[PDB]
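Snapshot of neomycin at CCR4-NOT transcription complex subunit 6-like.
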Amino acid sequence: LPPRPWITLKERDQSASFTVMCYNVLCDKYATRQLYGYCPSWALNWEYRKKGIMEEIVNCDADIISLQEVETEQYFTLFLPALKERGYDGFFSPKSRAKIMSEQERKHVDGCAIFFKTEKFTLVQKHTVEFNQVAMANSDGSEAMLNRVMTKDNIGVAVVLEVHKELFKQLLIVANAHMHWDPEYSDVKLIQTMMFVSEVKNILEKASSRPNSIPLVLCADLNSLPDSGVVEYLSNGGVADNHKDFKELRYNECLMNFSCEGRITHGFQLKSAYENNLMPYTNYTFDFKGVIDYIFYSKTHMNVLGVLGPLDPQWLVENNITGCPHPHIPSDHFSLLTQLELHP
Ligand SMILES: NC[C@@H]1O[C@H](O[C@H]2[C@@H](O)[C@H](O[C@@H]3[C@@H](O)[C@H](N)C[C@H](N)[C@@H]3O[C@@H]3O[C@H](CN)[C@@H](O)[C@H](O)[C@H]3N)O[C@@H]2CO)[C@H](N)[C@@H](O)[C@@H]1O
């Protein structure tokens, strides 16, 4: 397994630089022979894969790490203890807090974690966004909001961090979400994204009023290709309320609850670190290969200096690798890694 390359996109000036990782590790619960039958059982097994997962994370050595598919017990016994030793602290929330289940099932619920190096950042606030609660609260007048959106218990997490002056009070919000997966539910994915951005803006308003100005880095497994309403909404500061992906009700007035006519907008002016298909895919399986993971950043606060390019495709060809995971690749997603430059 050859080390991944690095694409330089812009030189360092000559004021704060830091790196961000985004990585869906593939949780044990979903690593089944049914879905990944082309991978031998011994290489699917968590006791085997978790080693490759930790190696990938250690090798990337990112200042900030956003993971998806982190199982609750594994956050507390594997990811946090190990990354504490590398100088990180972390924030984790699982999905399904409100769902009733046994002690044993609770250990295996997955969720999102953000880690940050404490020599560079200090935690100011931490937040969990429950898309099912936000949908329920904004569902008046929409059966679809209640039937299709509220019933999915996906989440995102966000932290407000202090960026230490030595790297140049400067604040930074890092947000990390994992959206619903089903290709037939583009509406849910889009609404979940608008709910998340909307709630992050509410978080940001309450980070400022404590004696628009705060940069955002948004990591996510959006389960959405670059041509989707989700990515258009994130990249262009808004989306039409009649966008095809809303699958009717399109023009529902309930969408405007997230919406700051006909356009649902946000003011974050985001850009994707990997735009212009610098990786041809982020999820790589036999049945599906495509870009569905993203690192977005406030383009008025930050430059992209570089990204970690894709695993060499001739290597996948020579080794006949048509899907992941694989004995040498421990997740069906490739990690994303970017170096950003923050100008206060
Ligand atoms: N062809 C339609 C496309 O599907 C893509 O996603 C693919 C994949 O991510 C997703 O399914 C994947 C596939 O392993 C297989 N279908 C089992 C399982 N559902 C898994 O979904 C899993 O669960 C999480 C739940 N939260 C997902 O967010 C996460 O990406 C994934 N680990 O559905 C697609 C099937 O591969 C993208 N959503 C988008 O490109 C478009 O919708």
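Sequence positions for chain A are given in the PDB entry numbering; the residues included correspond to 169-182, 186-339, 351-393, 401-449, 457-540, in order. Counting starts at 1 for both ligands and their atoms, in listed order. Keep in mind that the numbers below use all heavy atoms, side chains included, and drop hydrogens, waters and symmetry copies. Recorded method for this deposit: X-ray crystallography, 1.8 Å.
For the pair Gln239 and neomycin, no heavy-atom separation below 4.0 Å is found. Nearest to atom 32 (N) of neomycin among the protein's heavy atoms is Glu240 OE2, 2.4 Å. Scanning the protein heavy atoms around atom 35 (C) of neomycin, the nearest turns out to be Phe484 CB, 4.3 Å.
Close contacts of neomycin with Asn325, meaning ligand atoms under 4.0 Å from a residue heavy atom, involve 26 (N). For atom 27 (C) of neomycin, a protein non-hydrogen atom is found at a distance below 4.0 Å. In this structure, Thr481 falls outside the shell of residues with a heavy atom less than 4.0 angstrom from neomycin.
At the heavy-atom level, UniProt-annotated Mg(2+) binders of chain A within 4.0 Å of neomycin are as follows: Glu240, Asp410. Closest to atom 4 (O) of neomycin, if we only count protein heavy atoms, is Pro365 CG, 3.7 Å.
The source organism recorded in the entry for chain A is Homo sapiens.
Looking at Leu197 against neomycin, nothing comes within 4.0 Å, counting heavy atoms. With a 4.0 Å cut-off on non-hydrogen atoms, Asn479 touches neomycin through its side chain and not its backbone. Result for chain A and neomycin: the nearest UniProt active-site residue and heavy-atom distance (1 Å) are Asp410, 3 Å.
Result for chain A: of the UniProt substrate-binding residues, neomycin comes within 4.0 Å (heavy atoms) of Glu240, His360, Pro365, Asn412, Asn479, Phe484.
Atom numbering of neomycin starts at 1 in the shown order; those under 4.0 Å from a heavy atom of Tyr207 are 14 (O). Of all atoms in neomycin, listed by their number and element, those nearer than 4.0 Å to a heavy atom of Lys371 are 38 (N), 42 (O). The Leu206 neighbourhood of neomycin comprises atoms 15 (C), 17 (C), with distances under 4.0 Å to a heavy atom of that residue.
Near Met361, the atoms of neomycin lying under 4.0 angstrom from a non-hydrogen atom of the residue are 26 (N), 28 (O).
Protein heavy atom at the shortest distance from atom 29 (C) of neomycin is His360 NE2, 3.2 Å. For atom 37 (C) of neomycin, the closest non-hydrogen atom on the protein side is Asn412 O, 3.3 Å. The nearest protein atom to atom 19 (N) of neomycin, hydrogens excluded, is given as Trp363 CE3, 3.1 Å; this is a heavy-atom distance. The binding site of neomycin, defined by non-hydrogen atoms within 4.0 Å, is formed by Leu206, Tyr207, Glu240, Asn325, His360, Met361, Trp363, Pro365, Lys371, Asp410, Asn412, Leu414, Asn479, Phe484, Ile488, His529.
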